[PDB]
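Caption: PDB structure containing pemetrexed.
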Number of protein chains: 2
Amino acid sequence: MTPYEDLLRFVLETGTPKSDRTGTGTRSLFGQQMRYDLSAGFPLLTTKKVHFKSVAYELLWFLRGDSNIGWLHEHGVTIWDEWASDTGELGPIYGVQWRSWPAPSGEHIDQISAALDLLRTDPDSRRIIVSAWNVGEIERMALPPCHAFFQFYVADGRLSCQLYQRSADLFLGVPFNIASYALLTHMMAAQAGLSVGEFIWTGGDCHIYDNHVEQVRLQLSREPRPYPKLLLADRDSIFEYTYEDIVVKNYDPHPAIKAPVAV
Amino acid sequence: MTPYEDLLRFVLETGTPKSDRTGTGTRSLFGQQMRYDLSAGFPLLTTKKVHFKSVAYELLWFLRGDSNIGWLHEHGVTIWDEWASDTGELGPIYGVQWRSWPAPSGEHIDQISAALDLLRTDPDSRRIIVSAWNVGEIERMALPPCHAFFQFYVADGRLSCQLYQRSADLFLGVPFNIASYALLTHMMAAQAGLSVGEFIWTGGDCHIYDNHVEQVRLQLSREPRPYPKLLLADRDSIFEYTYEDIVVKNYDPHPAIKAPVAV
Ligand SMILES: Nc1nc(=O)c2c(CCc3ccc(C(=O)N[C@@H](CCC(=O)O)C(=O)O)cc3)c[nH]c2[nH]1
Ligand SMILES: Nc1nc(=O)c2c(CCc3ccc(C(=O)N[C@@H](CCC(=O)O)C(=O)O)cc3)c[nH]c2[nH]1
Ligand SMILES: O=c1ccn([C@H]2C[C@H](O)[C@@H](COP(=O)(O)O)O2)c(=O)[nH]1
Ligand SMILES: O=c1ccn([C@H]2C[C@H](O)[C@@H](COP(=O)(O)O)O2)c(=O)[nH]1
């Protein structure tokens with residue numbers, strides 16, 4: 001069961017050559033989807049060693065409502081370096097919108113807490129939504145949100161999550177995005193008293209950068225292994241999880257594959 | 001080629017019983033997708049007669065940035081009646097967000113014009129996005145946006161559009177939503193000098209209302225016919241299209257099937 005590798009393969013073989021903002025060049029398809037059953041295992045890719053430490057801290061950083069890379073650096077995470085100001089600022093990106101979307105009245109909306117409240121008290125709501133796409137603040141962001149809009153759903157005590165990702169760096173970004181949202185779904189489920197269901201990833205521009213092609217072919221030559229299991233320590237609040245609360249059990253990946261990020 | 005009917009059938013057979021805000025009861029699935037090749041024909045369903053007049057005026061109404069039902073009524077369209085105030089107001093819904101999203105600076109952002117500008121000047125942009133999900137204004141809206149977030153993509157001068165729809169009334173709402181966004185994509189393509197490509201519909205809570213079940217079974221018993229063709233008269237601006245500019249050629253549906261709307 002390898003939704004990611006299958007999509008990666010499909011784009012590599014059928015994607016159209018496309019120019020891009022970074023001036024790197026891509027092969028690209030539009031409107032592709034992946035589904036993972038989280039109850040079957042944690043979707044941390046096994047066909048290459050994914051630096052889950054960076055995934056976990058990045059998500060914790062989002063949950064803090066932070067947009068300065070300082071806290072990431074203190075924890076040894078450098079994935080946001082290339083877009084940050086000299087003072088470490090990224091503008092009001094993901095975390096700021098998730099935790100403190102500025103409402104016209106001057107109040108700040110905590111969408112994460114609001115979503116959790118709905119999961120607990122109105123699980124059948126069709127409005128359990130979090131958006132990072134704050135149209136009036138996009139221009140202030142170092143990069144507009146890639147993982148932009150997501151929704152939760154509950155069936156028979158099982159929590160599902162669907163993400164709309166407008167732009168998908170398939171080799172570097174997407175493995176992080178999948179693991180990040182899977183982890184978030186486990187967190188939200190834990191806090192809402194639910195089990196985990198499906199993660200559905202829906203992409204806009206799904207692309208392989210032209211300087212990632214050798215890395216992709218290498219990865220696609222490897223046989224998938226069983227997924228690890230995620231174990232999350234007890235906390236009374238999603239905002240109280242720490243890195244140490246997050247345990248990935250039996251992660252047995254093939255070797256890491258290095259590739260340069262498009263800036 | 002019937003993406004809609006196939007999804008309708010899938011939800012009918014496998015959707016799970018779910019309670020809902022309206023108190024009507026539904027059968028529902030999460031994270032379902034449909035794809036239409038707009039170059040093959042205009043996706044106005046032929047398995048029942050769809051009131052395209054209401055579809056077309058509703059879209060024109062959105063493009064006006066209007067949120068009062070008066071203009072709809074003047075043109076014989078009643079589909080928004082049940083949620084409007086006594087003075088016809090719906091709050092800052094689709095049209096208001098599309099044309100005049102209020103920025104923190106006091107300025108209003110015309111996302112439709114902005115998207116068209118990108119299509120014309122930077123077709124490879126991965127940021128051609130329109131959102132109606134204005135978190136700070138949701139509570140003022142009579143209903144939060146169902147068709148919430150959409151994106152355009154251009155490959156070899158061909159325009160595709162993907163919609164994220166968080167909540168999908170499969171029998172009544174979705175046939176309108178499909179035709180609406182197909183029409184919008186034609187309008188954008190015409191204004192940007194592009195041909196039409198794919199419409200990708202991505203749904204969150206995809207449901208059939210419990211009082212639509214008989215109607216659904218009836219529709220699913222019918223053999224689909226060829227789709228009609230859409231002809232748009234020339235205009236120098238998307239905001240100058242009128243109803244009379246929009247011609248559906250050779251629309252040959254099976255009979256209309258009436259159903260009550262859930263409020
Ligand atoms: N073009 C582009 N793609 C993106 O996904 C991205 C984002 C998402 C955050 C991000 C940035 C770089 C890497 C990444 O470099 N991961 C490497 C190294 C991870 C580590 O060891 O530091 C990898 O091999 O996964 C993984 C995730 C910020 N700006 C971006 N710009
Ligand atoms: N539950 C719910 N579903 C929705 O899709 C919806 C929306 C979208 C606009 C909408 C409302 C009713 C009908 C509809 O009734 N169409 C009927 C009659 C069309 C006509 O002839 O006036 C049809 O048979 O398609 C078709 C489209 C507003 N609030 C809603 N609430
Ligand atoms: O969590 C993220 C953040 C960014 N991107 C990628 C998509 C593009 O390759 C690049 C952003 O560039 P634009 O789409 O904004 O041009 O980073 C991801 O894949 N995942
Ligand atoms: O263009 C639209 C507007 C609304 N809805 C449906 C989805 C739900 O059945 C209802 C909205 O109710 P909530 O999801 O907000 O509870 O209207 C659509 O299918 N298409």
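Just so we're on the same page: letters track the sequence lines, and every chain starts at 1. Values reported hereafter were calculated over all heavy atoms of this structure, with side chains retained and with hydrogens, waters and symmetry mates removed. Read the numbers this way: they start at 1 and go in the same order the structure lists the ligands and their atoms.
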Exercise. Every copy considered, what are the ligand or chain positions of pemetrexed?
Worked result: ligands 1 and 2
Problem set entry | Chain with most contacts to pemetrexed (ligand 1) (name per the PDB entry) | Thymidylate synthase
For this session: Show which other chains sit less than 4.0 Å from pemetrexed (ligand 1), counting heavy atoms only.
Result: A
Exercise. What makes up the binding site of pemetrexed (ligand 1) if contacts are defined by heavy atoms under 4.0 Å?
Worked result: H51(A), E58(A), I79(A), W80(A), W83(A), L143(A), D169(A), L172(A), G173(A), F176(A), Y209(A), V261(A), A262(A)
For this session: For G173(A), take its heavy atoms, then give the atoms of pemetrexed (ligand 1) lying under 4.0 Å from any of them.
Result: 5 (O)
For this session: Considering heavy atoms of the protein only, find what lies nearest to atom 27 (C) of pemetrexed (ligand 1) and give residue, atom and distance to 0.1 Å.
Result: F176(A) CD2, 3.5 Å
Exercise. Is atom 18 (C) of pemetrexed (ligand 1) less than 4.0 angstrom from at least one protein heavy atom?
Worked result: no
Exercise. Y209(A) heavy atoms, cut-off 4.0 Å: which pemetrexed (ligand 1) atoms fall inside?
Worked result: 1 (N)
For this session: Give yes or no for whether the N/O distance cutoff of 3.5 Å, strictly under, is met between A262(A) and pemetrexed (ligand 1).
Result: yes
Exercise. To which protein heavy atom is atom 4 (C) of pemetrexed (ligand 1) closest, and what is the distance rounded to 0.1 Å?
Worked result: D169(A) OD2, 3.9 Å
Problem set entry | Those atoms of pemetrexed (ligand 1) less than 4.0 Å from some heavy atom in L143(A) | 29 (N)
For this session: Starting from atom 8 (C) of pemetrexed (ligand 1), locate the nearest protein heavy atom and write down its residue, its atom name and how far away it is, to 0.1 Å.
Result: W80(A) CZ2, 4.1 Å
Problem set entry | Shortest protein contact, atom 31 (N) of pemetrexed (ligand 1) (heavy atom only) | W83(A) CZ2, 3.2 Å
Exercise. Which residues of chain A carry a UniProt dUMP-binding annotation and have a heavy atom under 4.0 Å from pemetrexed (ligand 1)?
Worked result: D169(A), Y209(A)
Exercise. Can you find an N or O of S54(A) that's nearer than 3.5 Å to an N or O of pemetrexed (ligand 1)?
Worked result: no
Problem set entry | Closest protein heavy atom to atom 16 (N) of pemetrexed (ligand 1), given as residue, atom name and distance to 0.1 Å | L172(A) CD2, 3.9 Å
Exercise. What UniProt active-site residue in chain A has a heavy atom closest to any heavy atom of pemetrexed (ligand 1), and what is that distance to 1 Å?
Worked result: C146(A), 6 Å
For this session: Considering heavy atoms of the protein only, find what lies nearest to atom 11 (C) of pemetrexed (ligand 1) and give residue, atom and distance to 0.1 Å.
Result: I79(A) O, 3.1 Å
Exercise. For atom 20 (C) of pemetrexed (ligand 1), what's the nearest protein heavy atom and its distance?
Worked result: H51(A) ND1, 4.1 Å
Exercise. Starting from atom 9 (C) of pemetrexed (ligand 1), which protein heavy atom do you reach first, and at what distance in Å?
Worked result: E58(A) OE2, 3.6 Å
